[PDB]
*Asks:* 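I'd like to ask you about the structure that follows.
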Amino acid sequence: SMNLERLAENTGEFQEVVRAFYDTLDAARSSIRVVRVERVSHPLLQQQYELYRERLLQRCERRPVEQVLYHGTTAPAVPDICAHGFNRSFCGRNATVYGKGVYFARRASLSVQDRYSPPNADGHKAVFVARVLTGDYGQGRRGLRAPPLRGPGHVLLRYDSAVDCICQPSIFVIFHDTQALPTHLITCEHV
Ligand SMILES: C[C@]1(c2nc3cccc(C(N)=O)c3[nH]2)CCCN1
């Protein structure tokens, strides 16, 4: 099993991944076309992620502890994410407004913007689909190196993730190597 393989279009899995992507494209639904879908395989990261998930299901209060989220990226960054997973140390110096972590969107309409998934010379855009252990979340801010502090009224000292808004979150920020698993890569383009 190779790290990146084309997903056959005669499968229920292909139809389900494409339907969830279109369901959260909002105003961009009629201007985006799917070119192909690929399955990501990283056996060591998947096994380490599943152990973290089991621990969170036993400890965490909020349900669900896991969410399916989107991550737009550049064409040259694709092989490194497939081979090693997501890495907060490569966040860069620009626009880390909710901390030095890896950023995920609840809605495909955010990650499909050219500022997050810029097209290559052939017009193709890269958007990963990932299983993310969001658990209990707190407010994100610039300079965070780990999730924010819980404060008084809690035994645990830090949250599991950071967000843009604590009431209706649209962006989640992750600060641990085994807390997000890339499962699919959607290649898309402007109609
Ligand atoms: C600009 C930055 C980023 N912010 C995002 C907010 C929502 C979605 C994504 C995404 N990639 O789909 C974001 N990426 C932060 C540090 C380097 N990437």
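Numbering of residues begins at 1 and proceeds along the displayed sequence. One-based numbering, in listed order, for ligands and for the atoms of each. The deposited model was determined using X-ray crystallography, 1.2 Å.
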*Asks:* Okay, next thing: the drug at ligand 1, what is it?
*Replies:* veliparib
*Asks:* Which macromolecule does veliparib make the most contacts with, named the way UniProt names it?
*Replies:*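 The largest share of contacts goes to Protein mono-ADP-ribosyltransferase PARP10.
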*Asks:* Check veliparib against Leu110 and write out every atom of the ligand that is under 4.0 Å from a heavy-atom position of the residue.
*Replies:*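 Once the distances to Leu110 are compared, the set is 7 (C).
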*Asks:* Output the list of atoms in veliparib that are nearer than 4.0 Å to some heavy atom of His71, sorted by atom number.
*Replies:*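 Heavy-atom distances to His71 below 4.0 Å select 11 (N), 12 (O).
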*Asks:* With heavy-atom distances below 4.0 Å as the criterion, list the atoms of veliparib near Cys91.
*Replies:* 16 (C), 17 (C)
*Asks:* Protein heavy atoms near atom 18 (N) of veliparib, is at least one of them under 4.0 angstrom away?
*Replies:*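 No; the ligand atom in question lacks any protein heavy-atom contact below 4.0 Å.
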*Asks:* If you take the nearest heavy atom of each of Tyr116, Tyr98, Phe104, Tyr103, which one is closest to atom 1 (C) of veliparib?
*Replies:* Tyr116
*Asks:* Specify which UniProt domain of chain A supplies the largest share of contacts to veliparib.
*Replies:*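 It's the UniProt domain PARP catalytic.
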*Asks:* What protein heavy atom lies closest to atom 11 (N) of veliparib? Include the residue and the distance to one decimal.
*Replies:*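 Nearest protein contact, heavy atoms only, for atom 11 (N) of veliparib is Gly72 O, 3.0 Å.
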*Asks:* To which residue and atom, if any, is there a covalent bond from veliparib?
*Replies:* none
*Asks:* Look at atom 8 (C) of veliparib and find which of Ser111, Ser170, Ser117 reaches it with the closest heavy atom.
*Replies:*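 The nearest heavy atom belongs to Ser111.
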*Asks:* Okay, heavy atoms under 4.0 Å: who's in the binding site of veliparib?
*Replies:* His71, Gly72, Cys91, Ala95, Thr96, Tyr103, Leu110, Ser111, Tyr116
*Asks:* Once you restrict both partners to nitrogen or oxygen, which atoms of veliparib have a protein partner under 3.5 Å, and how far apart are they?
*Replies:*
| unit_1 | atom_1 | unit_2 | atom_2 | d |
| --- | --- | --- | --- | --- |
| veliparib | 11 (N) | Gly72 | O | 3.0 |
| veliparib | 12 (O) | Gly72 | N | 2.8 |
| veliparib | 12 (O) | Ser111 | OG | 2.8 |

